[PDB]
Amino acid sequence: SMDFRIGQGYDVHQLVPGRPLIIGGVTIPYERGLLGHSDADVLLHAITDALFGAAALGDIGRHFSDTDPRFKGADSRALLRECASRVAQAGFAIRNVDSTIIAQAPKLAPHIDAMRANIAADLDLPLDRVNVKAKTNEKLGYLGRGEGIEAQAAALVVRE
Amino acid sequence: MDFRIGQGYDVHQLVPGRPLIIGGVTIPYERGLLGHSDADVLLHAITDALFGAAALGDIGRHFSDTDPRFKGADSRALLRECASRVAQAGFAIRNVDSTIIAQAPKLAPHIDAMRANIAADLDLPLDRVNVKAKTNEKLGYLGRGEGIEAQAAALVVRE
Amino acid sequence: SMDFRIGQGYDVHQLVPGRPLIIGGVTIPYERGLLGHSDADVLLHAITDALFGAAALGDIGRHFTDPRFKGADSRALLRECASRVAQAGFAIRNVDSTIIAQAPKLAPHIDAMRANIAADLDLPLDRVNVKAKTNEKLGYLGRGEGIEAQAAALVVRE
Ligand SMILES: CCOc1ccc2nc(S(N)(=O)=O)sc2c1
Ligand SMILES: [Zn+2]
Ligand SMILES: [Zn+2]
Ligand SMILES: [Zn+2]
C-alpha cells in the first residue's frame, strides 16, 4: 500500500482548418482542428503516456499501432480505457491525474468539467482525483500563434 | 497515505518597462515579465501545480486575468491564498520542485531567495522546496529571450 | 517509509554535425549529435535534474571547472547525482521520462536506455521508464534542430 510511482506525459498536435477539435473526449467548435492519425486528442494521449510511464510499461506508441486491427478505428477514449486496463493488470491502482492544455484559442474553460467527467469515467476514478487545467502560451511560439495545441499530464499510481 | 501529484506550466513575455519578478524576487534587469498580475511565472507555475494536485482547477479559475482585482497583484499573495484553499480542501503540502528556463538574466544569485520566499508562502521548511534554473540552449523563443518559462511539480497528501 | 518527494526535470540540446548522437547512454547512428559541454545526453540530464529536484538539492548547473568532472560523460554524472541523493538520505522509487525527437527512430534503442539508467541508479528495470515521440513537425524540435527530454522522479526519505 506504499509502493507509489509517478508518471509524466506530453503530447502536441498541429491545429489547422478542416478537422474537428476534440480534446479530453469533447468536440469543441472552432475554425481549426487537430491533425493526427487517431482523433488527435492531445489531452487523452498525454494522460495515457503518463499512466504507461507510472507503470513502467513503455509508452502509447509501443502499446497501440496503426497497423493493429484491434485498435485501427479506436478513438482516444477507447485507447485510454485499454491503457487503464493494462495498468491495472500490471498491478497498479491509479491515485490521481493532473494535466494542462496549452492553447492560444479557443477558450477551454467551458469544457473542463466535461473533459474531467470523461477521463474519470474512462479511468474508473472519483471526479476529485482528476484535474484538467488550461492556459494560453501568451502569443509565443507555434502554440502562441495558434499552430498547435500541447498537453502535459502527471499521474500517481500505487502497486497493490 | 492519500498522496496526490500536481504539475504546472507558465510562460510570460519579456518586455521593456516592467518589473522582473520571479519567485517573489525583484531582479535588476532592463526588461520584465508582461502580465495582468505582477506576472511571476515561477509562482504561477507552482500555484497551478498545487491547485492541480488538490483537483481544484487552475490559476485562471481562482485568480482570473480578466478580474481587475488582480491587476498588478502580488503573486506571493496569490500563492498564499492558493495554499490556504488547498489546506481548506484537506491537503497538506509535502514538497515542491520547479524549473525556470531563461536566456537571461543570470538567475543563480537569486535562486536561494526564491526558494525561501516559496517556502515561507507554503509554510514549508527550505528542505521541501526546490527551484532549478537553466537556459534553453539557444533554441526557440526562449533562446531569443522573448519570454521566460517555468515548470513545477507538487506532492500533497489528504490528511 | 512515507516521506515521499517528487522531482521534475527538463532539458534540450541542439543537434549539430560532427558529433555522436548519445541518448540514455546509447550511441545511435545519425549524421548529427547533441551539442553540450558534456556529451550532451539530454535524457540523462533531464533525469539528473528531476532527481536533484526531488531531493531538494538544487540543479545540475549548481552541482556540475571541477577536475573531478572535467571530461565526465553523462552517465558518470547521473551516477554522481544518485550518490548525492543517497547522501541526503533519499532512496529512489521510480523514474519516468519522455524524449521528443523528430528523427531518428528511437524505438529500437529504448530498452537499452532503460537498462543503462537502471544500472546507473541501482534500480530494477520495472522502476525505470523511457518514452519517445516526435513533435509533429512543430517548432525547432519539429525541424530537427534539437532534441528535448522530460523526466519525473519519485524518492523517499528513509
Ligand atoms: C491505433 C492508434 O495507435 C497509435 C499509435 C501511435 C500513437 N501516437 C500517438 S501521440 N504520439 O501521443 O500523438 S496517439 C497514437 C496511437
Ligand atoms: Zn497525440
Ligand atoms: Zn503567469
Ligand atoms: Zn543538458
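Order of the sequence lines sets the chain letters (A, B, ...), proteins ahead of strands, with each chain counted from 1. Computed from heavy atoms alone, side chains included, the values below leave out hydrogens, waters and symmetry copies. Indexing begins at 1, ligand by ligand and atom by atom, following the structure's order.
The drug placed at ligand 1 in this model is ethoxzolamide.
Of the chains in this structure, the chief binding partner of ethoxzolamide (ligand 1) is, as UniProt puts it, 2-C-methyl-D-erythritol 2,4-cyclodiphosphate synthase. Other chains with a heavy atom closer than 4.0 Å to ethoxzolamide (ligand 1): A, C. The part of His13(A) lying near ethoxzolamide (ligand 1) is the side chain, judged by heavy-atom distances below 4.0 Å. Scanning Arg62(A), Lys131(C), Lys133(C) for the heavy atom closest to atom 11 (N) of ethoxzolamide (ligand 1) points to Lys133(C).
Residue list (UniProt divalent metal cation-binding, chain A, heavy atom under 4.0 Å from ethoxzolamide (ligand 1)): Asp11(A), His13(A), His45(A). In terms of N/O distances under 3.5 Å, ethoxzolamide (ligand 1) is not approached by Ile60(A). Residue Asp11(A) has at least one N or O atom closer than 3.5 Å to an N or O atom of ethoxzolamide (ligand 1). Counting atoms of ethoxzolamide (ligand 1) from 1 in the listed order, those under 4.0 Å from a heavy atom of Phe71(A) are 1 (C). With a 4.0 Å heavy-atom cut-off, ethoxzolamide (ligand 1) is reached by the backbone of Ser65(A) but not by any atom from C-beta on.
Site of ethoxzolamide (ligand 1) with heavy atoms closer than 4.0 Å: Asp11(A), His13(A), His45(A), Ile60(A), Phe64(A), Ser65(A), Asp66(A), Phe71(A), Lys133(C).
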